Each structure stands twice: as structure tokens, then as C-alpha cells.
Asker: 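My questions all concern the structure below.
FYI, the numbering just counts along the sequence from 1. Numbering of ligands and ligand atoms starts at 1, following listing order.
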Amino acid sequence: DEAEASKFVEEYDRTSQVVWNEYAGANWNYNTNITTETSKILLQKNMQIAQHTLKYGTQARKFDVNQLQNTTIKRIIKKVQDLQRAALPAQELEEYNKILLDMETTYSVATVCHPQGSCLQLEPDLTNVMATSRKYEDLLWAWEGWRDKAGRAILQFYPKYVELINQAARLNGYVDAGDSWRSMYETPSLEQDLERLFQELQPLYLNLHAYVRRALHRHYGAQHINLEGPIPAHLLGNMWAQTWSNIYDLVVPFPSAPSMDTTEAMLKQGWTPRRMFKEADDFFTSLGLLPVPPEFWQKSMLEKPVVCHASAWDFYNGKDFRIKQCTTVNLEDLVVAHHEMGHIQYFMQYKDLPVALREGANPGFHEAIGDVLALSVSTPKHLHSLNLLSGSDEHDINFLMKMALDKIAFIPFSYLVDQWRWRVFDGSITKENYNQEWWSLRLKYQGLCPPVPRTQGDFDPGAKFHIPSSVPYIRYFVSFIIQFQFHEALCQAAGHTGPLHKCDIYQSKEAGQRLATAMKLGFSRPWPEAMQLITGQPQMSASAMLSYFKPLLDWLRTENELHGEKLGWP
Ligand SMILES: *[C@@H]1O[C@H](CO[C@@H]2O[C@@H](C)[C@@H](O)[C@@H](O)[C@@H]2O)[C@@H](O[C@@H]2O[C@H](CO)[C@@H](O)[C@H](O)[C@H]2NC(C)=O)[C@H](O)[C@H]1NC(C)=O
Ligand SMILES: CC(=O)N[C@H]1[C@H](O[C@H]2[C@H](O)[C@@H](CO)OC[C@H]2O)O[C@H](CO)[C@@H](O)[C@@H]1O
Ligand SMILES: O=C(O)c1cn(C2CC2)c2cc(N3CCNCC3)c(F)cc2c1=O
Ligand SMILES: O=C(O)c1cn(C2CC2)c2cc(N3CCNCC3)c(F)cc2c1=O
Ligand SMILES: C[C@H](NC(=O)O)C(=O)O
Ligand SMILES: [Cl-]
Ligand SMILES: [Cl-]
Ligand SMILES: [Zn+2]
């Protein structure tokens with residue numbers, strides 16, 4: 001009966017708001033102010049939210065969605081039918097929540113120590129080393145140490161985690177946890193669509209890889225780089241080799257072009273974490289999008305004073321939104337600040353929907369918003385207007401190369417993480433083979449090799465945040481494809497003509513309008529609709545990303561040919 005379904009979702013909304021807000025508060029308070037007491041308040045709230053999820057989920061499952069007419073109420077009820085972990089029996093729920101905590105804590109407190117010397121944390125110490133050291137042995141110390149200390153220590157938890165996340169999935173009508181995660185896209189063709197998108201980016205990635213490999217051969221020596229092989233995984237300027245832009249200085253196409261180091265300029269001109277978020281906020285409002293409320297500035301944690309990994313927080317009351325980031329003053333982190341502020345923008349845009357529909361059109365959309373703005377921020381024009389820099393085709397290629405080292409290098413990495421996890425969850429990778437299958441994919445997709453042979457008890461996936469924190473990853477792959485589609489469309493709405501990479505949407509109210517109407521849908525409609533509102537068509541497409549990078553593909557092709565490069569590796 002329609003009226004009874006309608007009433008049921010009104011009640012679910014009122015009560016979810018209250019319970020989720022209380023849970024979010026306790027999760028914040030442990031993420032920022034670890035305390036035995038904040039971790040104890042967190043443990044209580046886990047029990048509260050489970051009980052509410054079990055209560056309304058059991059009620060939701062009594063309705064026959066097949067016979068409901070109103071499509072909103074049908075959709076909401078369908079979501080509430082999925083209890084997630086609250087479907088578990090009590091013992092197993094307890095054990096699962098404790099495993100998640102233990103894994104997340106283990107990762108966040110791990111350190112890598114010199115004997116009779118200092119102990120280094122991932123952020124900022126080890127990331128700095130991976131970004132700035134140009135010495136094979138120093139990079140290897142950090143790369144291997146982080147795996148020895150974080151990765152190996154997550155292993156004891158992972159099999160039971162898999163058992164329990166899968167058990168919950170099956171109790172909610174899925175075959176395993178990857179199935180449940182894939183379901184968030186509501187796209188039966190998802191695996192093949194993504195495969196196709198990846199395949200389209202292979203020429204650009206293989207040409208970037210070959211060019212970077214040649215430059216590493218020049219710096220690290222012929223004895224350490226095989227011009228026909230995979231690249232050692234510790235040399236790309238980043239702990240996971242997921243973005244390569246910190247080795248720009250080793251691969252600059254045209255050295256004779258001046259670029260100012262923005263880090264020096266940011267530091268010397270008195271930039272702070274606070275100032276970095278004010279610039280992000282100011283860009284959103286330039287587009288006519290919403291400012292973050294006064295409360296955001298009061299309650300956010302914008303520096304290390306904790307779980308440091310950058311994250312945006314909805315407190316499910318339509319007024320309180322926060323970022324938690326251990327911000328360092330540099331351009332890499334200004335982009336991370338923009339990313340996080342696009343999550344906040346989304347929260348604010350869909351804040352008046354029912355709480356069950358307060359998500360992105362799909363998870364990739366949530367990830368893409370901030371990155372779209374950052375694309376304009378990162379342009380040489382934009383950096384100059386911020387006083388962080390002082391024409392030529394040589395400048396163009398240099399800029400494209402910088403952008404490519406992040407955006408194109410990330411494509412195979414972002415694709416492979418959940419390829420691994422889907423096969424763990426479906427049972428085709430058992431714990432005996434976790435690590436070998438990870439490295440098979442690191443070779444197949446990224447063309448990387450481990451600098452030190454892996455050994456019994458290694459668990460390199462565990463050294464990447466998203467694995468112990470149980471955060472799906474395919475969202476980031478989708479993000480990097482679709483953010484270029486949004487840029488293309490917003491630039492076209494902004495009246496930009498000429499090379500897409502020269503576009504800066506700063507101050508375009510027209511661009512901000514396309515984004516706002518789509519964000520306002522939250523999760524109320526199939527995501528193709530939001531895709532079409534923004535772009536004029538309903539598909540995920542690598543066309544826009546290829547269009548952005550076309551000058552670089554052509555440059556890289558001619559350069560690799562000149563040196564007789566053999567693209568790929570065995
Ligand atoms: C199908 O139902 C939605 C939801 O209606 C709201 O939620 C119900 C549970 C109940 O509380 C209703 O009184 C609410 O209206 C309808 O959506 C809304 O429509 C109103 C005006 O028509 C609009 O102002 C709201 O923003 C809409 N909210 C949404 C989309 O969540 C919807 O119109 C119903 N379908 C039709 C057209 O009959
Ligand atoms: C903040 C708020 O009150 N929003 C509600 C929402 O109600 C209305 C809202 O009054 C108007 C204007 O703000 O916009 C259309 C509706 O969304 O109702 C939601 C339940 O459907 C509730 O979650 C939300 O907090
Ligand atoms: O008991 C339950 O069913 C749930 C409990 N929790 C407790 C709060 C940890 C959840 C937490 C979720 N997230 C926390 C915010 N970031 C990631 C997602 C979630 F999506 C679902 C659930 C439940 O279903
Ligand atoms: O921010 C948070 O803490 C939560 C966020 N989410 C939403 C997903 C982002 C949740 C979703 C839950 N669901 C239960 C199962 N069916 C609907 C989804 C949940 F129980 C708890 C939470 C949170 O605590
Ligand atoms: C891309 C992803 N970003 C984020 O988690 O905020 C990562 O950092 O691996
Ligand atoms: Cl690794
Ligand atoms: Cl996802
Ligand atoms: Zn994000």
C-alpha cells in the first residue's frame with residue numbers, strides 16, 4: 001500500500017538523520033582526537049547504528065517493491081533493504097567492526113625507523129622522501145620499509161575481513177562483496193564498459209611509460225633500468241607509483257622553458273593550509289556554487305594538530321560539513337584540497353534530499369567534482385594569476401607532460417586495485433596468492449616491477465590506505481575518465497575555444513550551473529541522466545581525455561620513435 005510505504009520512508013528519514021549524525025560525531029572524534037574514551041564512544045555508536053539499520057531494514061524487507069508505484073519511495077525502500085554489516089549475527093558484526101578498526105589503526109600508526117635514528121611516518125616523512133629523493137637506495141629504504149611495517153602487519157587481519165564482508169554481502173542478496181560494490185553503479189555492463197575505457201588509454205599510457213623509462217635510464221643508470229622491461233616501482237616519485245608528477249624534473253621535455261617551482265612560491269608568499277581551502281572555496285563561489293558554511297571553518301581539521309588521509313565529512317543534518325586533512329603547503333596538496341572541497345560541494349547541493357538519496361549519481365561522480373576545478377587551477381595561466389608563476393608550444397608540451405604524469409599514469413593503477421579485490425572477494429585469489437596476484441596486475445596494467453623480490457608474509461596491498469580502510473577504488477578510475485568529460489563540457493559552456501588544455505573555467509557562472517543541476521539530483525536518478533545534463537550525452541567516454549592530451553600523444557609518439565623505443569614489456 002502506497003500510503004504505508006510513504007509513511008515508512010518519512011520515519012526512516014527522521015530517525016536516520018538523528019542516528020547517523022550521532023555516529024558521524026563519534027567517528028570524527030576518534031579520527032581526529034584518538035583517545036581510549038573516543039574509541040569507546042565510537043564502539044557504542046557502532047551498536048546504535050547497527051540496531052537502527054537492522055530495525056528499519058527488517059521493516060523495509062516486508063514491502064514488495066515489485067508492487068510499488070511511486071519510484072522514489074520504491075528506490076529508497078530498495079536501498080534500506082540492504083542492511084550491509086547489520087545483517088550479520090551479533091558475534092560476527094562485533095568481530096567485523098573490530099577488524100576494520102584494527103586494520104585502519106595499524107595502517108595509520110605504522111612507522112619506519114632507522115636504527116639509533118628517527119622513525120618516519122607515511123605523512124609527511126616517507127611521502128617527502130618518495131617525492132624528492134633521487135637516490136636508488138634511499139627510495140628503496142622508504143618503499144620497502146613502508147611495506148615491511150604497514151603491509152606485513154595488515155596481513156593477519158585480511159582473510160577474516162574478506163570472510164566477513166562477503167558473509168554480509170551474501171546475507172543482503174549479493175554473491176560476494178565485489179558484487180555488492182559493483183552494484184553501486186547500477187550498470188550491468190560495468191566490467192566491459194570499464195575494460196573498453198582502459199583499452200582506449202593504452203596508447204597514451206604505453207608512450208608515457210616508454211618516455212619516462214628512457215629518462216629513468218638516463219638518471220638511474222643502464223644497469224638499473226631495462227629499456228624493454230617494467231619500471232622499478234620505487235622510482236616514480238610516489239609511494240604506490242600511482243601518480244608520477246614528482247619526477248617531472250627528470251623528464252622535462254623542454255628544459256629551456258622556465259617554470260617556477262610553486263612550492264617555493266607558496267611557502268615564501270605565506271600560503272597556509274587555511275589559505276589553500278579559502279582559494280578552493282573561492283573558486284567554487286566564482287562559478288556561482290555554494291560557499292562552505294561558517295561552521296566548516298570552525299570544526300574542520302585542516303592540518304595535523306590522527307588518521308591523516310584527506311577526507312570530507314557529512315554529518316547528516318544539512319548544516320555541518322568538515323574536511324579532515326594533514327595539509328602540507330604545496331601544489332599537490334592544493335589539488336587534494338580542491339578534491340575534498342568538491343565532496344563538500346556535493347554534500348551541500350543534495351542536502352535537502354531524503355538521506356537514502358544523499359550520495360553522488362555514482363561514486364565516480366562524487367570523486368570527480370573537485371578534480372574538475374583543479375584542472376583549471378593547475379593551468380599555467382591560473383598559477384600566474386595566483387602569483388605562483390611568472391606562450392610557446394614548448395611550454396604547452398611541458399604542461400601537458402606534467403598533467404599526464406598524474407592523470408594518465410593514474411589510469412592503470414586506479415583500474416587494477418579493484419580488479420585485485422574483486423578476485424579476492426569472488427574467491428579466485430586465495431590468501432596464499434594475494435601478493436603474487438597483486439604483482440601480476442602491477443606488471444600487466446602499470447608495467448612495474450618490485451625492486452626487491454617479495455617474500456613469504458608480504459602483503460603489499462595492505463600498504464595502500466584503501467585496502468585496510470575498505471574503501472572501494474574503481475570510483476577513482478571512473479573519476480579520472482569523467483572529470484575530462486565534465487571539463488570539456490564546462491569549457492564549452494564557458495565559451496572556451498581552441499585547445500581544451502588551455503581552458504580555465506574560473507568565474508564562469510554557466511559552467512557552475514551545469515554542475516549544480518546534476519549534483520542536486522544526488523542518487524535520485526540513474527547516473528546516465530546526470531551525465532547527460534552535464535555533457536549532452538549519457539555515456540562514460542575517454543574521448544575528452546584523449547582530446548586534452550592529443551598534442552602530447554603526438555609529441556610522445558615522435559620522440560619515442562626517434563629513440564627506437566619498444567613500447568610495453570614482456
Ligand atoms: C513520488 O514521491 C516523491 C516523494 O514525495 C515526498 O516524500 C513522500 C515520502 C511524502 O513525504 C511526500 O509528501 C513528499 O512529497 C514525490 O516527490 C516530491 O514532489 C514534491 C512536489 O510534488 C517536491 O516538492 C519534492 O521535492 C519531491 N521530492 C522528491 C523527488 O524526493 C514525487 O513527486 C512522487 N511522484 C509523483 C509525481 O506522484
Ligand atoms: C533541510 C530540510 O528541511 N530539508 C528536508 C526536505 O524537505 C523539503 C524542503 O523543505 C524543501 C526546501 O528546503 O526542498 C524540498 C524538500 O526536500 O525533506 C527531506 C525528506 O524528503 C529531508 O530529508 C530534508 O532534510
Ligand atoms: O551497522 C550497519 O549496518 C552499518 C554500520 N556502519 C557503521 C558506522 C560504521 C556503516 C558505516 C558506513 N560508512 C561510514 C562512512 N564512510 C564509509 C561508509 C556505511 F556505508 C554503512 C554502515 C552500515 O551499514
Ligand atoms: O557517514 C556515515 O557515518 C554513514 C554513511 N552512510 C552512507 C553510505 C554513505 C551510511 C549508510 C548506511 N546504510 C545502511 C544500509 N542501507 C542503507 C545504507 C548506514 F547504516 C550507515 C551509514 C553511516 O553511518
Ligand atoms: C585517488 C585517491 N584519492 C583519495 O583517496 O582521496 C588516492 O589517494 O589513492
Ligand atoms: Cl605495491
Ligand atoms: Cl566505487
Ligand atoms: Zn574523494
Asker: Under what name is the drug at ligand 4 recorded?
Answerer: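 That drug is ciprofloxacin.
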Asker: Looking at contacts alone, what is the main macromolecule next to ciprofloxacin (ligand 4), by its name in UniProt?
Answerer: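 Chief contact partner: Angiotensin-converting enzyme, soluble form.
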Asker: Taking heavy atoms and a cut-off of 4.0 Å, what residues surround ciprofloxacin (ligand 4)?
Answerer: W20, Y23, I49, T53, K79, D82, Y316
Asker: In the protein, what heavy atom is nearest to atom 8 (C) of ciprofloxacin (ligand 4), and what distance, to one decimal place, separates them?
Answerer: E359 OE2, 4.2 Å
Asker: Quick one: nearest non-hydrogen protein atom to atom 3 (O) of ciprofloxacin (ligand 4), plus distance?
Answerer: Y23 CD2, 3.3 Å
Asker: Of all the non-hydrogen atoms in the protein, which one sits nearest to atom 23 (C) of ciprofloxacin (ligand 4), and at what distance?
Answerer: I49 CD1, 4.2 Å
Asker: To which UniProt domain do the majority of residues of chain A contacting ciprofloxacin (ligand 4) belong?
Answerer: Peptidase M2 2
Asker: Do me a favour and list the nearest non-hydrogen protein atom to atom 7 (C) of ciprofloxacin (ligand 4) with residue, atom name and distance?
Answerer: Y316 OH, 3.4 Å
Asker: Give the atom numbers and elements of ciprofloxacin (ligand 4) that come within less than 4.0 Å of a heavy atom of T53.
Answerer: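 So the atoms of ciprofloxacin (ligand 4) that pass are 14 (C), 20 (F).
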Asker: Short list, please: which atoms of ciprofloxacin (ligand 4) are under 4.0 Å from a heavy atom of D82?
Answerer: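 Within the 4.0 Å cut-off of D82, ciprofloxacin (ligand 4) contributes 15 (C), 16 (N).
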Asker: Can you pull out the closest protein heavy atom to atom 13 (N) of ciprofloxacin (ligand 4)? Residue, atom name and distance to 0.1 Å, please.
Answerer: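 Ranked first by proximity to atom 13 (N) of ciprofloxacin (ligand 4) is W20 CZ2, 4.1 Å.
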Asker: Identify all pairs of nitrogen or oxygen atoms, one from ciprofloxacin (ligand 4) and one from the protein, separated by less than 3.5 Å, and list them with distances.
Answerer:
| unit_1 | atom_1 | unit_2 | atom_2 | d |
| --- | --- | --- | --- | --- |
| ciprofloxacin (ligand 4) | 16 (N) | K79 | O | 3.4 |
| ciprofloxacin (ligand 4) | 16 (N) | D82 | O | 2.6 |

